[PDB]
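Opening notes on darunavir bound to HIV-1 Protease.
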2 protein chains.
Amino acid sequence: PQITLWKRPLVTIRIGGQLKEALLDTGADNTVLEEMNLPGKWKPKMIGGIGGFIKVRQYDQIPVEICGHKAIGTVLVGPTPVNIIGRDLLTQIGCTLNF
Amino acid sequence: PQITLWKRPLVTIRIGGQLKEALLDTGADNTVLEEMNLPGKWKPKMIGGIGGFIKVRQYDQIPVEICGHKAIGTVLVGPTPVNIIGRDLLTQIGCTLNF
Ligand SMILES: CC(C)CN(C[C@@H](O)[C@H](Cc1ccccc1)NC(=O)O[C@H]1CO[C@H]2OCC[C@H]21)S(=O)(=O)c1ccc(N)cc1
């Protein structure tokens, strides 16, 4: 699809049977999701945003379905203001900026 | 143009004859630029993301050129680590997300 930006680019994602709302975020290198349980091993990591650094749990090779499009990659889970889909997964689904 | 997300979507902008590199950022509601001393009046605001909030100044109607496309709007200015072009100005230059 083509998505204009007069509103926030919020889409429904599927991740582990759960349906969540997430923001398509071309400004994020990495996908970061709000607090949730995911299966498998994870590693403690840190990531920085506009306001400073946070602690996150890194889960590897997690599938997310983003508007019908499949992605599988590394996901970070921690105190983000909203679920954000970054460039890591936006590239997987074929996403570009056009003007 | 069509802009890939393999790398950070950095483009050249011009504001008051300052040429800067800025991020085309669909996750950002509003444009925020690195600290600079613009003329004119402003209001103080706070914006939040990963790590929490920072304090910024919102200036009134400034022309900004983004890859040769004219925009004009309020802009936020403060201690952001990167220049960020938000939806407020992405809509003005005809930017969409496509996949
Ligand atoms: C978290 C979003 C909902 C909002 N952010 C825009 C976002 O694109 C920032 C924009 C950004 C980009 C770089 C540095 C700081 C902020 N990205 C970001 O925090 O991504 C993080 C996850 O991947 C990592 O790669 C980039 C930083 C990490 S924000 O920077 O906090 C922000 C909030 C409000 C406005 N008006 C403008 C920007």
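We name chains A, B, ... by the order of the sequence lines, and we start the count at 1 in each one. Counting convention: from 1, in listed order, for ligands and their atoms alike. Values reported hereafter were calculated over all heavy atoms of this structure, with side chains retained and with hydrogens, waters and symmetry mates removed.
- The letters of other chains with a heavy atom under 4.0 Å from darunavir (ligand 1) are A, B.
- According to the entry, the source organism of chain A is Hiv-1 m:b_arv2/sf2.
- Listed by number with element, the atoms of darunavir (ligand 1) under 4.0 Å from a non-hydrogen atom of A/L23 are 3 (C).
- Contact atoms of darunavir (ligand 1) toward B/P81: 14 (C), 15 (C) (distance under 4.0 Å to a heavy atom of the residue).
- The distance criterion of under 3.5 Å between nitrogen or oxygen atoms is met by A/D25 with respect to darunavir (ligand 1).
- Of the heavy atoms in A/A28, both backbone and side-chain atoms come closer than 4.0 Å to darunavir (ligand 1).
- Contact annotation: for A/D29 versus darunavir (ligand 1), heavy atoms closer than 4.0 Å belong to both the backbone and the side chain.
- Counting only heavy atoms of the protein, atom 16 (C) of darunavir (ligand 1) lies nearest to A/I50 N, 3.8 Å.
- At a 4.0 Å cut-off, at least one heavy atom of B/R8 sits close enough to darunavir (ligand 1) to count as contact.
- For darunavir (ligand 1), the atoms lying closer than 4.0 Å to a non-hydrogen atom of B/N30 are 35 (C), 36 (N), 37 (C).
- Between atom 21 (C) of darunavir (ligand 1) and the options A/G86, A/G48, B/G51, the minimum heavy-atom separation is to A/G48.
- The protein non-hydrogen atom at the shortest distance from atom 12 (C) of darunavir (ligand 1) is A/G27 O, 3.5 Å.
- Remark: darunavir (ligand 1) atoms within the under-4.0 Å shell around heavy atoms of A/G49 are 15 (C), 19 (O).
- Residue contact check: B/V82 has heavy atoms under 4.0 Å from atoms 12 (C), 13 (C), 14 (C) of darunavir (ligand 1).
- Applying a heavy-atom cut-off of 4.0 Å to darunavir (ligand 1) picks out A/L23, A/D25, A/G27, A/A28, A/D29, A/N30, A/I47, A/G48, A/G49, A/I50, A/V82, B/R8, B/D25, B/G27, B/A28, B/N30, B/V32, B/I47, B/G48, B/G49, B/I50, B/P81, B/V82, B/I84.
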